[PDB]
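Proteins come first, then strands; the chains are lettered A, B, ... in the order of their sequence lines, and each starts at number 1. Side chains included, hydrogens not; waters and symmetry mates left out as well; all remaining heavy atoms used. Counting starts at 1 for both ligands and their atoms, in listed order. Per the header of the entry, the method used was X-ray crystallography, 2.0 Å.
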Protein chains: 2
Amino acid sequence: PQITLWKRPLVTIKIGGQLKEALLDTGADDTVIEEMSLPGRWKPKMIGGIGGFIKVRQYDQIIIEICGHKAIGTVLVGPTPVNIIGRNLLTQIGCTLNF
Amino acid sequence: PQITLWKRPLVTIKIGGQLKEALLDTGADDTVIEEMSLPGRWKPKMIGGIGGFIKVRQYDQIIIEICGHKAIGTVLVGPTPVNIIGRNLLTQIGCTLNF
Ligand SMILES: CCC[C@@]1(CCc2ccccc2)CC(O)=C([C@H](CC)c2cccc(NS(=O)(=O)c3ccc(C(F)(F)F)cn3)c2)C(=O)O1
């Protein structure tokens, strides 16, 4: 679909069989999710945002449904104020910015 | 134009007579620009992001040129790692998210 930005671009995602809400963020290189249990081993990572750096756990090859679209890639888990879907998964779903 | 997300969506903007690079961020409610001089009265505010909050000065009714497009609105000035154009101004230029 086509999404305008008068409201926050929130959508529904299915991850680990759970339904959660997430923000489509073109300014984010990566995808960051709130604390939860994902399968597999993780690797450490540190990412920067508006107010400083946070430490997260990186999981590779996680399956996620975004507005019914399937994406499979890297998900970072950490202390984020909202679930963020960033560029790494937006390109998989074919998301573009138009004006 | 149509912007793909394989790379960061950075664009040239004109604010206060200076030229600058900015990131188009559909996840940001507000537009936040690196410390610079703007005319007018301002009000202090705190805005939150990944990493925590930062104190910024809020200027209203500022005119910005985004990719040759004119838009008007509130601009926050502070210690941000990157210049971010948020929804407040992306709507004014007719920017949308398509998938
Ligand atoms: C992983 C996130 C990437 C990003 C920082 C970008 C970056 C780019 C390259 C180099 C360094 C850093 C981009 C992002 O959208 C924000 C956030 C929202 C999650 C952000 C950005 C701009 C301003 C805000 N303050 S706010 O009041 O406009 C606000 C508050 C809350 C939210 C919510 F929608 F996330 F709740 C949105 N906006 C937030 C941020 O803090 O980090």
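- At ligand 1, the PDB records name the drug as tipranavir.
- The chain sharing the greatest contact count with tipranavir (ligand 1) is, according to the PDB entry, protein (HIV-1 protease).
- In this entry, the other chains with a heavy atom less than 4.0 Å from tipranavir (ligand 1) are A, B.
- In this structure, the binding site of tipranavir (ligand 1) at 4.0 Å (heavy atoms) is formed by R8(A), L23(A), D25(A), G27(A), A28(A), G49(A), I50(A), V82(A), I84(A), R8(B), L23(B), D25(B), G27(B), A28(B), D29(B), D30(B), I47(B), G48(B), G49(B), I50(B), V82(B).
- Using a 4.0 Å cut-off to heavy atoms of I84(A), the atoms of tipranavir (ligand 1) that qualify are 19 (C).
- When only non-hydrogen protein atoms are considered, atom 7 (C) of tipranavir (ligand 1) lies nearest to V82(B) CG1, 3.6 Å.
- Remark: tipranavir (ligand 1) atoms within the under-4.0 Å shell around heavy atoms of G27(B) are 34 (F), 37 (C), 38 (N).
- Closest to atom 17 (C) of tipranavir (ligand 1) among all protein heavy atoms lies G49(B) CA, 4.3 Å.
- Taking only nitrogen or oxygen atoms, main chain and side chain alike, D30(A) does not reach within less than 3.5 Å of tipranavir (ligand 1).
- At the shortest separation from atom 38 (N) of tipranavir (ligand 1) among protein heavy atoms lies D29(B) N, 3.4 Å.
- For tipranavir (ligand 1), the atoms lying closer than 4.0 Å to a non-hydrogen atom of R8(B) are 9 (C).
- Protein heavy atom at the shortest distance from atom 24 (C) of tipranavir (ligand 1) is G48(B) O, 3.4 Å.
- Closest to atom 40 (C) of tipranavir (ligand 1), if we only count protein heavy atoms, is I50(A) N, 3.6 Å.
- Among protein heavy atoms, the minimum distance from atom 1 (C) of tipranavir (ligand 1) is reached at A28(A) CB, 3.9 Å.
- Using a 4.0 Å cut-off to heavy atoms of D25(B), the atoms of tipranavir (ligand 1) that qualify are 13 (C), 14 (C), 15 (O).
- Between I47(B) and tipranavir (ligand 1), not a single N/O pair is under 3.5 Å apart.
- Those atoms of tipranavir (ligand 1) that come under 4.0 Å of a heavy atom in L23(B), given as number and element, are 8 (C).
- Remark: minimum distance from atom 23 (C) of tipranavir (ligand 1) to any protein heavy atom is reached at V32(B) CG2, 4.0 Å.
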